[PDB]
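Structural view - cetuximab in its complex with meditope.
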Amino acid sequence: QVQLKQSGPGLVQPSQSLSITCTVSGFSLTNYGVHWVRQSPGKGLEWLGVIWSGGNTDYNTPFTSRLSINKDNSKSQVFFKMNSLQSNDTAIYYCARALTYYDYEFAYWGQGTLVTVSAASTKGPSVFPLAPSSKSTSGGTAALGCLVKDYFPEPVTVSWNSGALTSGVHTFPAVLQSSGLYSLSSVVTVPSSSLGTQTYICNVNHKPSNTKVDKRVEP
Amino acid sequence: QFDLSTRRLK
Amino acid sequence: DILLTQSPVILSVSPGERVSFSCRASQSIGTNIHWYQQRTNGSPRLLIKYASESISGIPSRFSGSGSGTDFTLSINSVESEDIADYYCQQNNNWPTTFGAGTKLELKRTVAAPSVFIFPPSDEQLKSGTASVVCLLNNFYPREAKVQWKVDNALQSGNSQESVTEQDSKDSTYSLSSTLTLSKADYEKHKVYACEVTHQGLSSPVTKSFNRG
C-alpha cells in the first residue's frame with residue numbers, strides 16, 4: 001500500500017537546524033509531489049511546502065528563506081531541512097501525499113515527527129514498576145503499570161508484552177516536572193488470576209535518547 | 001490549543 | 001491568506017445523534033474545501049474532499065456540504081470511535097490553509113472510577129526519590145477530586161495529575177495522581193492515603209497503605 005515513514009523525533013538547539021527524512025513506498029516520487037505540513041500549539045496546521053515530481057519546490061511565504069526540500073528518487077526519499085529554529089518551531093512535522101499528482105487534498109500522511117526546540121539536553125527515562133497487589137485489585141481484576149520518569153524531550157512510546165497486550169491499556173499524557181523533565185505512567189488491568197501465570201512487560205522506547213528498556217512487572 | 005503530547009485540542 | 005473559522009471549538013453530543021461542524025471562510029472559495037479527522041496520537045485522516053465528495057474507506061455516516069464561504073461536515077449518527085478533532089482546509093487560494101479545528105466529545109452515563117494505589121518501588125527508592133501513584137480508572141464525567149494525606153497531614157502542591165483523552169470505545173476517562181517525595185520524607189511516615197471524590201460515588205473512596 002501507499003506509505004510515508006518519517007525519521008524519528010528528537011531535540012534541536014535554538015538557532016540550529018532541523019532535518020527530517022520521509023521514505024515513501026507504494027508509489028514513485030517521479031509521479032507524485034511530496035508536501036510538508038506542521039502542527040504547532042501556536043498556529044495549528046500550517047502548510048510549509050512541496051517538492052514536485054520534476055524537482056521543483058514551492059515554499060510557504062514565511063519560510064522561503066529558511067526552508068529547503070530535496071529528494072532522492074531512486075531511494076524514494078524526501079529531505080526536509082529548516083534553518084535557525086526558535087522555540088515556537090516546536091511542532092509535529094508531517095510529510096504528505098495528495099490523491100492526484102497536482103493537487104493538495106492530503107489522503108496520505110507520514111506518522112509525524114515531534115521536534116522539540118530547546119537549549120536543554122537529551123535525557124533517557126528511568127522505568128519503575130507499579131506492582132499489582134491487593135490494593136490494586138478489585139473483583140478479580142488487578143491493575144499494574146510502569147512509571148516512566150525523568151526524560152527529555154517528548155515523546156516515549158510504551159507498549160505491553162511487545163504489542164500483544166493492548167486491551168485495558170492507558171498510557172497517560174506526560175507531565176512536565178519542575179526539573180524540566182517529563183514523567184508519565186502507563187497502566188493496564190488484567191485478570192488477577194493471570195498474575196501467577198502470565199508475564200507482564202512494559203516496553204519503553206525513548207527514541208531521542210536511543211533508550212529502550214523492557215520492564216517486567218510482578219506482584 | 002493543540003497539545004503535542006496527545007495530538008489533540010485541549 | 002484565507003482565514004478559516006471553525007465554530008464552535010467544542011461539540012458535545014450523545015451516541016446516535018446527528019452532529020454538524022461548521023467552517024467559514026474569510027472570502028469565497030467555491031467548493032474547494034477538504035475535511036480531516038485527527039484521533040488521539042494520530043495523523044490527520046482525509047474524510048471529505050471538495051466540500052461533498054466521498055473518500056475510499058471513510059464510513060458513509062460522514063458527509064459534507066456548502067459552497068462559497070459557509071461549509072458543513074456532518075455525521076448522521078455519532079459513534080464512540082468518532083471522538084476526535086476535525087479540521088477544514090481551503091485550497092482555492094495559495095497557500096492552502098487550515099481551520100483551527102473543532103473538538104468532538106461524547107456524553108455517556110455516569111461511571112464511577114475504580115480506584116487503585118501503588119507505593120513506590122524499592123527500585124525507585126534506591127535512587128533517592130519516592131513516587132506514590134493513585135489511579136482512577138474508567139470514569140465519566142471527567143471532573144474528579146484527588147486529595148493526598150500522609151499520616152493525616154493534607155498534602156498540597158506536591159502531586160501532579162494526568163488525564164487520558166476520552167476512550168474511543170467506552171467514552172470514559174482515566175486519571176493518575178502522582179505524589180512525589182524524597183526517600184527520607186517517605187521513610188519518616190507510615191500511612192499514605194489517596195481520597196477520591198466523583199459524581200458516581202455516594203461517598204469519597206479512600207485507598208491507602210502503610211509503608212511496609
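Lettering of chains follows the sequences in order, A, B, ..., and the numbering in each one begins at 1. Side chains are part of it too, since the values below use all heavy atoms of this structure and drop only hydrogens, waters and symmetry mates.
Mapped onto the model, all copies of cetuximab cover chains A and C. The residues of other chains having a heavy atom under 4.5 Å from cetuximab are listed as B/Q1, B/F2, B/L4, B/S5, B/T6, B/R7, B/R8, B/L9.
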